[PDB]
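Next up: a structure with aprotinin.
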Amino acid sequence: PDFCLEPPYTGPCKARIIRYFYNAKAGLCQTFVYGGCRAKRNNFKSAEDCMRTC
Amino acid sequence: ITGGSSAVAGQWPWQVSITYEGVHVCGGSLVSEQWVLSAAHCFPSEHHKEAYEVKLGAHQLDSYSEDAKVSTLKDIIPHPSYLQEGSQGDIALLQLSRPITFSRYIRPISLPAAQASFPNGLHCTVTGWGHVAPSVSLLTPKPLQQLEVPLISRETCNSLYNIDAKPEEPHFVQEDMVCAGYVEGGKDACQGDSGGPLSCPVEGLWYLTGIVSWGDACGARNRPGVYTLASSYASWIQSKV
């Protein structure tokens with residue numbers, strides 16, 4: 001896994017783009033709002049892209 | 001829009017909503033019968049043009065408005081400077097599939113010429129349907145929100161950003177940008193307001209001074225929002241009128 005431990009990072013830009021991140025405490029793939037730039041690695045376009053990676 | 005207030009219906013006729021797969025992601029500003037200014041990052045390459053729609057004359061985002069045209073997009077041109085930056089050139093032109101008809105509720109804003117400067121501390125209005133706070137949604141039926149914010153020079157704005165700056169999270173205000181907001185925060189644009197107009201009145205007349213772009217948080221102290229300068233791109237935008 002790895003970076004799967006970082007919290008979701010919205011980043012500086014102010015768009016409302018919906019993305020998935022792994023909530024490692026929850027054991028769950030969760031939706032967050034991504035801003036459109038400087039995305040970290042715990043940030044997936046899809047729920048399964050997520051569970052798959054972690 | 002964090003710390004604002006609800007606009008009256010029809011008070012910002014140039015404001016548009018941008019939906020990808022029917023979800024609002026960005027604001028935009030209408031500039032002619034068929035064109036819209038917004039922000040490059042509201043349009044990642046992974047998305048499909050066919051799945052972008054645009055709502056106009058839209059006051060309450062979650063309400064059937066009588067006169068609120070909707071259009072698909074014929075074209076999307078992010079500024080040439082963008083796909084190789086993520087640091088500058090954060091603007092795009094959206095060509096509507098068909099020119100639309102202006103009404104009391106749908107009307108473009110005027111662009112500032114390339115050699116146009118707005119005094120600092122000038123009070124301007126930003127407008128959006130963004131979060132009303134850090135990851136807190138605007139409440140249905142999502143009335144367009146507005147907010148007066150003073151313009152801040154980019155030199156002063158860089159002073160502010162350096163306060164408690166995290167070495168790993170650099171924020172710099174480039175030449176194509178401008179800041180607007182309050183240093184004690186609480187007032188600022190938030191997620192979902194990108195592409196939105198920063199409208200500045202100059203002599204009873206509204207100019208599109210900036211396009212809502214980025215900011216550290218929203219309502220953060222010493223972190224006023226940064227907007228893409230319209231004037232810095234007048235040359236380019238005029239290249240399609």
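Within every chain, numbering begins at 1; the chains are lettered A, B, ... in the order of the sequence lines, protein sequences first and strands thereafter. According to its header, the structure was obtained by X-ray crystallography, 2.8 Å. Below, all heavy atoms of this structure are taken into account, side chains as well, without hydrogens, waters or symmetry copies.
- Taking every copy into account, the model assigns aprotinin to chain A.
- Short version: main partner of aprotinin (chain A), named per UniProt, is Prostasin heavy chain.
- The dominant UniProt domain at the interface of chain B with aprotinin (chain A) is Peptidase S1.
- Within chain B, the UniProt active-site residue with the least non-hydrogen distance to aprotinin (chain A), rounded to 1 Å, is B:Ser194, 3 Å.
- Other-chain residues and nucleotides with a heavy atom under 4.5 Å from aprotinin (chain A) are B:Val23, B:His24, B:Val25, B:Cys26, B:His41, B:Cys42, B:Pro44, B:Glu46, B:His131, B:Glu169, B:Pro170, B:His171, B:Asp188, B:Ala189, B:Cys190, B:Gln191, B:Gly192, B:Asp193, B:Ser194, B:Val212, B:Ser213, B:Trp214, B:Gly215, B:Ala217, B:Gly225.
- Every residue of aprotinin (chain A) with a heavy atom under 4.5 Å from chain B is listed here: A:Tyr9, A:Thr10, A:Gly11, A:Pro12, A:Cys13, A:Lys14, A:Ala15, A:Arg16, A:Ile17, A:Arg19, A:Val33, A:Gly35, A:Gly36, A:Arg38, A:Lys45.
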